[PDB]
Each structure stands twice: as C-alpha cells, then as structure tokens.
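Depicted below, salicylic acid in association with 146aa long hypothetical transcriptional regulator.
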Protein chains: 2
Amino acid sequence: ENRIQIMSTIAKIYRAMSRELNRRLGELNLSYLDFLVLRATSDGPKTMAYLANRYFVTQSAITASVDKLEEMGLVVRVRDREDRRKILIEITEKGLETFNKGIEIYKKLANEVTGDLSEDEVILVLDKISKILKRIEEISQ
Amino acid sequence: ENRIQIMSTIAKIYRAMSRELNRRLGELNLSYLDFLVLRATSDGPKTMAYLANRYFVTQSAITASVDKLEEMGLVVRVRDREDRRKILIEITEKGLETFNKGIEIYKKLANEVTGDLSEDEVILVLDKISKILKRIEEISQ
Ligand SMILES: O=C(O)c1ccccc1O
Ligand SMILES: O=C(O)c1ccccc1O
C-alpha cells in the first residue's frame, strides 16, 4: 500500500544518497560516517556512546571514525580535569572548516535531487515527514 | 535550508526504521538485510551482484545473508543447465511464507509511524519523494 511504499522509498533514497555522498565526500578525505561525526560535534562536544547510538553504528565503527578524524586533526579527545577517563569528542578549527565544506557538498547534492520540487512542495514534504521521524524515534527507543 | 533538511530527515528516518525492523524481524530469525534479499527474490530469481548493488552492501555481506537464508531453507542457488557457474538466488515456498510474514511486520510498523498523516497526506508525500528517488538514482549510478 501507500504507507509501506513511503517507507520503502525513504529507504531507497537513503541508500542512493549514501552511495553518492561517500563518493563526493571522498574528495574531502571523509566517509559519510566521518562527516556525520563532524556534523554531530560541530555544535558541541559529544560522547562516543552518543555518536554510536545517534547514527545506529557499532562502537568499533565510531572508534575507527574518531581515531581517523583525530589523526586528520579534525577532532580531539577532551578529558575531564579530575577524571581523565570521561571523554568527549570535540571538533577543531580545521574540523569545522572541513565540516563546512562537507555541508556545501551536501547542499549542492540536495538541491540536485529535489530539483523537480518547488519550494512549496519541498516545505509540504518536510513538515509531514518530520512527523514520521518523531514517531519512529518514539517507537524505536 | 529546507532541501538539506528533507534529505537529513530521510536519513534519520531510515536509521530509526532500520533499528526497529531489525528488532521486529528478529522474531522471524531475519535481519533487515536478510528480509531485503527475500523481498528482492520474491518476484523472481536475482544474481548476487544485483543484490549487492541494489541494497548498497558488500558482496561478502550478500554472501553471508544468502548462505544464511539457504541454510534456513528460504532460498536456493539455481545453476544454469550447461554452465553451473552462472548462479541465481531463488526464493523457496518457505521463503515466500516468511517474506509474507515480514511484509505484515513492515506494514504494521509503517502504519504506526505514518499515523499522524491522513491518507491524502500520505499520497502527497509519496508522489513527491518518488521524484527525489528517480533523480538520486540517475545521479548515483
Ligand atoms: O527498503 C525497504 O525497507 C523496502 C521494504 C519493502 C519493499 C522494498 C524495500 O526496498
Ligand atoms: O544524515 C544526514 O545525512 C545528515 C545531514 C546533515 C545534518 C544532519 C544529518 O543527520
């Protein structure tokens, strides 16, 4: 039916976008997951547990991505002054610059794929799928 | 902006749905990927190359899923009568029954998450995102 098709189309869109984003972000030496980590830390330091849960990936996956971004000088592991074991992933000046370039790549791709939709159509879809998102997040966790 | 948010929301919806589908399909002894393989073969035999490309996963990932479904008796590797090396993955009677149960689980979840949307709203979203899908598939491959 139509409700199943909306979800299946959302899934197909995600896979195709993922493939293309990995390709375009590649020029910035980033994978889609690496970019997501930068996106998440761009507005404030995040725990590695948050990153794994928010993006539904394994802890080893986050560990690999963070280690990579750290070596690239895009993020740093900040430790509490009294308990060094408490770690937060913080974006660096260079990380923010790279994240910004990544946003432009994302922006350009988004404009291309939604090209057949008018501004009003875009708005109509956005407001309605935001409801779907609220519901699935309430259900899934 | 709005166009970037539509794509980012589509991604967040996909991840949350993936998490929940893996949980609910678990009672059928299937992972989301296993179910997708059944979905793909439900309407006709598919090559392993097609499965990996269509769902954007690695060949080893498809190999593992097919081996599992084969052991579960849900699919079989059919070989050409003159060139046994040419392989197609075909769904079995039992596979179709399991796939059908999987569809009902998907249907129920889809109805829950799109619950705030009227039938007309559902239709409006579906027709518009179908355009987005057409475009990203043209771009990505
Ligand atoms: O990706 C999905 O969740 C899906 C579900 C049903 C039918 C086709 C699909 O791609
Ligand atoms: O998942 C995405 O592609 C995404 C992109 C931009 C901002 C937040 C996001 O989750």
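Chains: A, B, ... assigned top-down by sequence line. Per the PDB entry, chain A residues shown: 6-146, in order. To match the PDB entry, the residue numbers of chain B are left as they are there, and the shown ones run 6-146. Method reported for this entry: X-ray crystallography, 1.8 Å. Whatever order the structure lists ligands and atoms in, that order sets their numbers, starting from 1. All values below were derived from every heavy atom in this structure, side-chain atoms included, with hydrogens, water molecules and symmetry-related copies excluded.
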Name every other chain with any non-hydrogen atom less than 4.0 Å from salicylic acid (ligand 2). A, B
Define the binding site of salicylic acid (ligand 2) at 4.0 Å using heavy atoms, by chain and number. A:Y37, A:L41, A:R44, A:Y111, B:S13, B:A16, B:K17, B:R20
Is A:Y37 in polar range of salicylic acid (ligand 2), meaning some N or O pair under 3.5 Å apart? yes
Among all the protein's non-hydrogen atoms, which is closest to atom 6 (C) of salicylic acid (ligand 2), and how far away is it? B:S13 CB, 3.9 Å
Taking both backbone and side-chain atoms of B:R20, is any N or O found less than 3.5 Å from an N or O belonging to salicylic acid (ligand 2)? yes
If I apply the N/O under 3.5 Å rule, does A:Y111 come out as touching salicylic acid (ligand 2)? yes
What atoms of salicylic acid (ligand 2) come within less than 4.0 Å of a heavy atom belonging to B:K17? 8 (C), 9 (C), 10 (O)
